[PDB]
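Every chain is numbered from 1, with letters handed out A, B, ... down the list of sequences. All values below come from the heavy atoms of this structure, side chains included, with hydrogens, waters and symmetry mates left out. Note that ligands are numbered from 1 as they come in the structure, with each ligand's atoms numbered from 1 the same way.
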Amino acid sequence: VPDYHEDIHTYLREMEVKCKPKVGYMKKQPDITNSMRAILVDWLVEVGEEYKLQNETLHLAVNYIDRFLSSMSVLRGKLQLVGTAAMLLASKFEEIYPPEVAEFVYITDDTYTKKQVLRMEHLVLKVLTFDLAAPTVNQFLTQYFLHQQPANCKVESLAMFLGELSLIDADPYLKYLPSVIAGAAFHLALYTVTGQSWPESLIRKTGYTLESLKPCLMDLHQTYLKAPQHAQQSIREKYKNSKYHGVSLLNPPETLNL
Amino acid sequence: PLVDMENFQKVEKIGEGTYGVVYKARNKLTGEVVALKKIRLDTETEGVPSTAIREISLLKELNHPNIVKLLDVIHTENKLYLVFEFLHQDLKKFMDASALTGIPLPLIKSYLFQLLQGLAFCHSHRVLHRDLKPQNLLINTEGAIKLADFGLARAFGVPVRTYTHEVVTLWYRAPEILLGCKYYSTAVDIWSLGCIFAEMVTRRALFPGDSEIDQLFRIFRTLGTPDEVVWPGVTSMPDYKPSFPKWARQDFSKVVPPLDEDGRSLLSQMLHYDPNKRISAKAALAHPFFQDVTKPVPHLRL
Ligand SMILES: CC(C)CC(=O)Nc1n[nH]c2c1CN(C(=O)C1CCN(C)CC1)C2(C)C
């Protein structure tokens, strides 16, 4: 129970509306698709496990990417350069000790040069106007967690898992605000582990009712159901580790009782 | 980019360090006076330093009268310039120049009031400063003071973890940090401000430690060795030691003799051991100590 807790939620709710990517940017892109993007993010998830980076770093880099692609035409063979630069910036902003550029060149199979990565860092920064402190699903989950009765590490791990998956698929998740994705991931995880639902305290905090969360919820539930069939698997693998209580192995309900 | 640099006329070098250099300068077209912070990039060719990333990104969210304004960023191929408003002096040098007279108590009060306002704004915007020391507090002739240097600052929508290297200098470091706590909280900034309040009042640093263990024992010797009642958990904390000397709390009116009851109360609450009990910037602003606050102008020996 923090001091500026309320003022912060309100501020993040403001900033998430301003850092919002262009919903339908992918189709105005000449060369890349939602699928290529999904492959890219799944790759970065992998990259974060390799260098033991925070989950917030991953969410931030994805925010940077969607925003850059919101305004810049990118070609297939340069897409991963954008993604690598986003991760580098994300690490510098969020990590205590970021990996060195040499590592970021290495993890690309020398498809790009140290020089290319550094120039792209400049161009990403220019395109984003140095606005790196973006609101993420994680930030809203952290806020929501304080409202656990009691805390359940399983519920927390599972909500993280659901939020992380939502990064992978620009459709349908680009059209939902982080605070909303967070709301759905929290309820779904809560319902699965404990059979409880979106608490009254959070309805007062957020203004979100289970009703308003519904559309994102139905989408998220499907993504949880079809999760093991999905072409991208790095996240599910990450989350069967004991560090996350194996929540990527829990069986989802077959229906949410709405 | 280079059009922009040629519109500046360098006046004089006003600061230098591991970070780079700071020049006072003039806009040749508008006449605006300005501070140019120059960061060399070819020194590690590791790209834009993390310290500029955080300062630039965070500072351009924070618009407040007691936070230094970042005016512009100019990025050439080998240099990075941040353009800031200019202020005449910093608190370290002003305290030093005031050694014989002391800083008048009404000016001390105004300064602390302003610093808390700036810090409240930071915190209510999920920014931790993390390096509040007299040298990063800037002042002008009209009587304002502003938080500066956000190179170690951090957004905390997600909780911020402890780094050994990236820390407040020793004299202003909170006890939780010395004792090895996991996360920073806003409480660590309030601790720093409390140390500075005391130094302004007494003309000496509150806790001038030689090392981490010495810094702790100086705090313990003044404030009392904390116990489980004072601070639930202390004995559990990583770097706590059962072999610690058990000092009694010193009489607080003998630690800051020039202060009245209201001042003593405020500083007690700013130096509370338990981070959760330590007063917040917003709540400190309501303390009766600020009943009568005014805005005096300093004698700047410029
Ligand atoms: C000459 C000093 C007494 C005063 C002085 O340098 N004032 C300033 N006006 N504007 C600025 C500073 C000092 N500035 C700084 O960014 C410096 C703050 C102190 N740290 C240790 C290095 C960076 C900016 C905001 C650019």
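The drug or drug candidate found at ligand 1 is PHA-793887. The chain with the most heavy-atom contacts to PHA-793887 (ligand 1) in this structure is named in UniProt as Cyclin-dependent kinase 2. With heavy atoms closer than 4.0 Å, the chains neighbouring PHA-793887 (ligand 1) read B. Lab note: nearest UniProt active-site residue of chain B to PHA-793887 (ligand 1), heavy atoms, 1 Å precision, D131(B), 7 Å. Heavy-atom distances show that, of the Mg(2+)-binding residues UniProt gives for chain B, the following lie under 4.0 Å from PHA-793887 (ligand 1): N136(B), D149(B).
At the top of the distance list for atom 12 (C) of PHA-793887 (ligand 1), counting protein heavy atoms only, stands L138(B) CD1, 3.4 Å. Counting only heavy atoms of the protein, atom 26 (C) of PHA-793887 (ligand 1) lies nearest to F84(B) CD1, 3.4 Å.
Of the protein's non-hydrogen atoms, the one nearest atom 6 (O) of PHA-793887 (ligand 1) is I14(B) CD1, 3.3 Å. Annotation: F86(B) places no N or O atom under 3.5 Å from an N or O atom of PHA-793887 (ligand 1); distance criterion only.
Taking the UniProt ATP-binding residues of chain B and keeping those with a non-hydrogen atom under 4.0 Å from PHA-793887 (ligand 1) leaves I14(B), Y19(B), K37(B), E85(B), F86(B), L87(B), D90(B), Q135(B), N136(B), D149(B). Residue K24(B) does not touch PHA-793887 (ligand 1), judged by heavy-atom distances below 4.0 Å.
In terms of protein heavy atoms, atom 7 (N) of PHA-793887 (ligand 1) is closest to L87(B) O, 3.1 Å.
Among the atoms of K37(B), some N or O lies under 3.5 angstrom from an N or O of PHA-793887 (ligand 1). Of the protein's non-hydrogen atoms, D149(B) OD2, 3.9 Å is the one closest to atom 18 (C) of PHA-793887 (ligand 1).
Source organism (PDB entry) for chain B: Homo sapiens.
Looking at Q89(B), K38(B), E16(B), it is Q89(B) that brings a heavy atom closest to atom 3 (C) of PHA-793887 (ligand 1). When only non-hydrogen protein atoms are considered, atom 19 (C) of PHA-793887 (ligand 1) lies nearest to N136(B) OD1, 3.4 Å. Chain B: most residues in contact with PHA-793887 (ligand 1) are in UniProt domain Protein kinase. For PHA-793887 (ligand 1), the polar-atom distance check finds an N/O of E85(B) within less than 3.5 Å of one of the ligand's N/O atoms.
Neighbouring residues of PHA-793887 (ligand 1) under 4.0 Å (non-hydrogen atoms) are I14(B), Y19(B), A35(B), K37(B), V68(B), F84(B), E85(B), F86(B), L87(B), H88(B), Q89(B), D90(B), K93(B), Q135(B), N136(B), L138(B), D149(B).
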